[PDB]
Asker: 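Attaching a single structure in structure tokens format; questions to follow.
Proteins come first, then strands; the chains are lettered A, B, ... in the order of their sequence lines, and each starts at number 1. Just so you know, ligand 1 is whichever comes first in the structure, and atom 1 is the first atom listed for that ligand. The figures that follow rest on heavy atoms only: side chains count, while hydrogens, waters and symmetry mates do not.
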Amino acid sequence: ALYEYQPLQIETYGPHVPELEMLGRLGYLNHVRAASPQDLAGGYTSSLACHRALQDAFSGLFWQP
Amino acid sequence: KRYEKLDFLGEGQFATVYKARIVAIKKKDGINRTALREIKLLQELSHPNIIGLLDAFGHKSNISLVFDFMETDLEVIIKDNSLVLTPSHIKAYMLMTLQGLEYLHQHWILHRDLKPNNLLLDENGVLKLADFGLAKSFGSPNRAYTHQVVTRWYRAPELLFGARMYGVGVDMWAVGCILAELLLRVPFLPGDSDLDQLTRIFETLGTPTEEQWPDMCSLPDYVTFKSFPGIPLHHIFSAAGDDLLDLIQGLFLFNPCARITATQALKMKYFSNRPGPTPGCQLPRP
Amino acid sequence: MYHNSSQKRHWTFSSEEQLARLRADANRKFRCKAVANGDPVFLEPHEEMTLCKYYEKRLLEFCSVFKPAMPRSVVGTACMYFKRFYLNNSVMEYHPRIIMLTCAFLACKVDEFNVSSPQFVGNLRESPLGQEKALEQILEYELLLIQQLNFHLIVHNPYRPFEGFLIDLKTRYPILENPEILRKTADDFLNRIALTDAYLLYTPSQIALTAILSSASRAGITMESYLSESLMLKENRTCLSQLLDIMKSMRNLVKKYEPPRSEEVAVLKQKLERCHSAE
Ligand SMILES: CC(C)c1cnn2c(NCc3ccccc3)cc(NC[C@H]3CCNC[C@@H]3O)nc12
């Protein structure tokens, strides 16, 4: 009865969203505002804002009532 | 409305909670913003390890919220000297907490009030995060938050240093504290003030330097401290294994960005390793 | 998130016909109650729609002059509250003048835009006694508004999806070199879409994408490749066809929108005042 990690299976009804760690290479972070040193000190990064914006943009784009 | 109002359960600043036929009902500014926060967040969330809002209804500016009835919480478990917290039990509690937190963080919400009595347990041994009165959506650059969230003994050092922007770390640190409270059966860092809380943190885990926290000096309430080397984690948690020590170190990393997220904590070898987490039906009952 | 939200589950409808059916049912239910309480005093459903559009314009003006500055999220939430409320309630029973202020009040609370009740009601252009009377009515109607929304308070607006689409265009669509020259016209089209019933018929992502591609078409830019090459709809052409049909239907809803006329709203406002005098 050993635990095995299964990623959360939540259908988004939209295009695939790039992972948070990969936003830096793909060039997304060059278009979101940089996180200030006090923001980084508390754990806030521009990757979070970029990822949430992309997720909201893609959420339910292909869904119909 | 359709409820029997059986037994009194508790009373707090914003509401009084009773048992009712089984559910728990919690009863010029208008409707209380804590009740509205609970309503607006819990309506959008659905997960086995998050408290379920079954119904809502009220009169005038007094709304009653209906939740599933929970038998106990982690605080009663920790403070009960009769029951023994086997490593499997700690693993199970940690797993349920982290899965609920993973779901919550996926939907860009921070609990901001994690502590043992806010982690409720039902008769089936399912742990649910409750008391979303301070919970707030994160990931928006336009939202400025306060640093006085989380009770003091579970507050992260960046919160104690006055972080107005933060992420999942404020939950994760509290999770670490809860983990420590599960291992020691007593509060890990029982400060009497903010400065005393920071002092206990830095005396136990060592004073973080610029290498472990690159921008620690930029927080508005950062106070230069005394350089304690801290106490090695294997000395504090003498009964903890290497995997558990890795999890504890990840949860208690001073850098919030480097601090492990809920999914990263779930992927760690501690949860995969032997022994497996206790099933909910076999967890200790207060 | 929208894809498992109460907005998607309960407040995104199949067609304008279903919305018209809900509005007509509300109108006839109020008529039946008024008759059972006891003539041409009653408002017809299209007259109710005209009054609701006028008072949505009034709510937008109120939220635009609100001090301190109201975030666009609050305005969108409040307008969605107004639309949802008058889907299933007659303006003849609950006056839209009060209901829109209640919508703004509840929206400020829900979206964490902390303003005190006195600084809320001070934005109204009335006497201090009138301001306190309006405050009392807002407090009476706040719970009613919450009940009529079925306690679904989180509203997913298209502004963040709009920002996400702009980021995606800047990153993955070099064909459209500067996506930020689309922002102003796309925002104008977003306002126009908000005037219509589209917020009850489509997803926020669909609405934002429709505004962006309408702005691109206005500039002459043909960027169906972004739909096909970047959104990977070239792998599922039926989904691409459904998406194009959604956007065409939204553009049609915008083109057919008729704004309230001054004479007509004056007449219907006098009619509504007579309705509220007798109730
Ligand atoms: C409102 C909802 C979250 C809820 C469901 N069951 N339940 C119980 N059950 C009795 C109980 C719980 C924990 C320990 C002992 C007894 C007590 C209770 N008290 C209110 C606070 C108290 C502090 N911890 C979080 C609780 O929600 N709230 C609830």
Asker: Can you tell me what they call the drug at ligand 1?
Answerer: samuraciclib
Asker: Of all chains in the model, which has more heavy-atom pairs under 4.5 Å to samuraciclib than the rest, named as the PDB entry has it?
Answerer: Cyclin-dependent kinase 7
Asker: Can you point out the other chains with any heavy atom under 4.0 Å from samuraciclib, by letter?
Answerer: B
Asker: Does samuraciclib approach any residue of chain B that UniProt lists for ATP binding closer than 4.0 Å (heavy atoms), and which?
Answerer: B:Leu9, B:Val17, B:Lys26
Asker: Can you pull out the closest protein heavy atom to atom 28 (N) of samuraciclib? Residue, atom name and distance to 0.1 Å, please.
Answerer: B:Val17 CG1, 4.0 Å
Asker: Does the N or O separation between B:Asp73 and samuraciclib drop below 3.5 Å for any pair?
Answerer: no
Asker: Which UniProt domain of chain B gets most of the contacts from samuraciclib?
Answerer: Protein kinase
Asker: What protein heavy atom sits nearest atom 23 (C) of samuraciclib, and how far off is it?
Answerer: B:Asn117 ND2, 3.6 Å
Asker: I'd love to know the UniProt active-site residue of chain B closest to samuraciclib and how far apart they are by heavy atoms, to 1 Å.
Answerer: B:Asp113, 7 Å
Asker: Looking at samuraciclib, does any of its N/O atoms fall within less than 3.5 Å of an N/O of B:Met70?
Answerer: yes
Asker: Of the backbone atoms (N, CA, C, O) and the side-chain heavy atoms from C-beta on, which set of B:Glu71 has a member under 4.0 Å from an atom of samuraciclib: side chain, backbone, both, or neither?
Answerer: backbone
Asker: Does B:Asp68 come within less than 4.0 angstrom of samuraciclib, counting non-hydrogen atoms of the residue?
Answerer: yes
Asker: Which residues define the site around samuraciclib at a heavy-atom cut-off of 4.0 Å?
Answerer: B:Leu9, B:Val17, B:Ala24, B:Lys26, B:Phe67, B:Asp68, B:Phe69, B:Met70, B:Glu71, B:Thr72, B:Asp73, B:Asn117, B:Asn118, B:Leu120, B:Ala130
